[PDB]
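Below, chain A is the first sequence line, B the second, and so on; all start at residue 1. The figures that follow rest on heavy atoms only: side chains count, while hydrogens, waters and symmetry mates do not.
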Amino acid sequence: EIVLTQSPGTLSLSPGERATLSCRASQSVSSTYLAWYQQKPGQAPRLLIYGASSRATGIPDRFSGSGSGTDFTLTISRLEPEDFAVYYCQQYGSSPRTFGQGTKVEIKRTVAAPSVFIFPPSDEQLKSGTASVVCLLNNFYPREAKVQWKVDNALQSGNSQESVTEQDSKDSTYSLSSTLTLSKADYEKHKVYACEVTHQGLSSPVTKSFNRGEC
Amino acid sequence: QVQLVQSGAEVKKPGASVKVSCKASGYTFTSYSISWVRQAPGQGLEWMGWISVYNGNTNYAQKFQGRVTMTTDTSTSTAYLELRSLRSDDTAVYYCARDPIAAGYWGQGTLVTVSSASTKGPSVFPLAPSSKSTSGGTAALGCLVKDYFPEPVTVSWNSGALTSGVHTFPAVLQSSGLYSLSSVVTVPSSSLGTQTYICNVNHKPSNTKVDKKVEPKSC
Amino acid sequence: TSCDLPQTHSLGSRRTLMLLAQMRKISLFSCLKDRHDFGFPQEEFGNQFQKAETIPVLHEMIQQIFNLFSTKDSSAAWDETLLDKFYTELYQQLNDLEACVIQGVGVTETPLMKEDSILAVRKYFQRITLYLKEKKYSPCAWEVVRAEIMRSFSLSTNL
Ligand code: NI
Ligand code: NI
Ligand code: NI
């Protein structure tokens with residue numbers, strides 16, 4: 001079917017550095033039928049390179065491409081902030097056209113510890129019969145952070161969701177919002193709620209916690 | 001300028017169909033073939049098939065063979081994509097892209113949302129500012145926008161006035177089938193006396209506009 | 001446009017050479033010894049039959065012509081309006097070649113994937129490029145290149 005496997009999954013470089021995206025076909029592709037795209041949030045793909053090397057119009061000189069057989073490479077000689085985006089390769093010499101699973105090129109910056117906040121449920125929701133408890137990690141780097149919910153020290157699992165933002169355009173950091181949800185029946189049968197964050201830029205994990213009635 | 005402009009967003013139940021469309025301009029419609037690339041939320045691109053606008057020939061990915069028809073209209077320079085017997089996991093932004101690859105021409109993309117969830121407005125609960133959300137001279141507060149379908153909700157603060165400290169988080173599809181989302185604002189904490197904070201959550205598909213004040217309470 | 005006549009599509013168009021013709025500005029014999037022997041590899045084309053092996057070689061040649069004439073420099077060197085007609089024609093042939101491939105006509109399945117041949121065409125254009133750079137993209141340098149591609153590309157056609 002010709003399965004393009006891209007590498008790395010995420011490249012973390014600071015502007016000025018050199019990117020090297022890799023694309024690898026399950027079998028050989030003629031270099032003439034290999035392209036590269038760059039996609040940013042809420043946008044269509046954008047052709048960077050066709051026929052394996054050739055730059056599309058408007059694409060600047062710092063972008064280059066090479067490769068043949070099964071191996072192909074996009075190289076951004078000198079990363080500008082403009083360039084941090086997801087990048088895909090595509091083959092188009094055969095029956096289903098296929099894309100690589102993509103490489104996120106994200107800005108690397110100094111490690112930044114998160115600011116952790118917890119918010120209790122509201123009376124309005126409690127009346128409704130659910131308890132959602134929101135934890136908030138504000139402005140951190142790297143993106144890798146562990147948020148563990150602890151109801152009276154029981155490690156919670158499968159009963160929360162989170163969403164992380166996109167890397168901020170100003171300070172290059174991330175933020176996260178885990179929400180633990182329980183029925184009022186469950187929520188009331190326990191006392192202490194804790195959001196324990198743990199993240200590279202912290203000497204020990206930061207717990208934020210409260211007690212019912214006391215909020 | 002060549003441009004491909006596609007139809008609006010769609011929300012369908014499973015087993016239904018969509019006929020997304022894609023209108024061409026800036027060139028002769030019939031002279032170049034068009035194909036459809038699809039992208040499920042937070043995932044890669046996926047090529048579906050290809051149509052000779054001129055002669056009406058088609059190629060399809062096996063995945064969709066005999067469930068999708070691509071067609072074109074020369075008089076209206078519009079390419080269509082029909083997708084039948086829809087499934088939850090057809091939820092994705094669909095693109096039309098034009099040959100040849102070197103051309104670099106794509107459309108803005110149409111979002112189809114297949115789900116058995118029904119149109120529903122969100123409950124808006126206040127994330128109340130406390131000591132457990134303060135940190136030396138500033139404190140965070142917010143709104144939990146919970147259990148709405150479909151996307152999107154729009155959320156503003158103090159009827160759009162004080163808003164350059166806000167962070168609204170991208171929605172999350174709950175396992176239930178409804179979406180959910182939180183908007184946090186960080187403000188100066190001594191302002192939690194005077195400044196009244198109201199979040200305005202507007203969800204147009206369910207005709208819903210909720211305004212919620214977020215009152216402090218320190219633990 | 002649907003590969004229904006593959007013999008058509010594995011040839012280069014006549015309109016291409018025609019547009020290249022019109023693009024000329026300065027004379028041809030005006031540029032005296034301001035010209036290279038660019039060593040085009042004719043081997044890579046025009047073989048009467050086996051225009052199966054050829055599709056991708058013609059595909060990259062055209063992608064190359066396009067990239068050469070799509071630079072800021074080319075845009076300076078040549079008329080805006082002819083260049084737009086030129087890209088449309090070039091685009092057409094790629095669109096047509098790609099059609100055949102997407103329907104299992106002229107799909108390269110050989111060990112080298114015709115890459116040796118591609119590299120050949122590529123080296124031929126890296127020299128064209130090196131020439132324009134070396135000759136600070138002069139009107140002459142360009143006219144030599146224009147006449148050269150025209151000669152080159154003709155080998156891919158019915159003439
Ligand atoms: Ni228990
Ligand atoms: Ni499904
Ligand atoms: Ni055709």
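Looking at chains A and B, one finds the drug sifalimumab. In this complex, the main macromolecule engaging sifalimumab (chains A and B), as named in UniProt, is Interferon alpha-2.
The deposit lists the origin of chain C as Homo sapiens.
The most heavy-atom pairs under 4.5 Å with chain C are formed by the chain of sifalimumab (chains A and B) labelled chain A. Taking 4.5 Å as the heavy-atom limit, the residues of chain C that form the epitope of sifalimumab (chains A and B) are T1(C), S2(C), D4(C), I55(C), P56(C), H59(C), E60(C), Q63(C), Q64(C), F66(C), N67(C), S70(C), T88(C), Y91(C), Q92(C), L94(C), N95(C), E98(C), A99(C), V101(C), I102(C), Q103(C), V107(C), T108(C), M113(C), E115(C), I118(C), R122(C).
The paratope of sifalimumab (chains A and B) towards chain C, using a 4.5 Å heavy-atom cut-off, consists of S28(A), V29(A), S30(A), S31(A), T32(A), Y33(A), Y50(A), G51(A), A52(A), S54(A), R55(A), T57(A), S68(A), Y92(A), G93(A), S94(A), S95(A), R97(A), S31(B), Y32(B), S33(B), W47(B), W50(B), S52(B), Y54(B), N55(B), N57(B), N59(B), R98(B), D99(B), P100(B), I101(B), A102(B), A103(B), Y105(B).
Per the PDB, the name on chain A reads Sifalimumab light chain.
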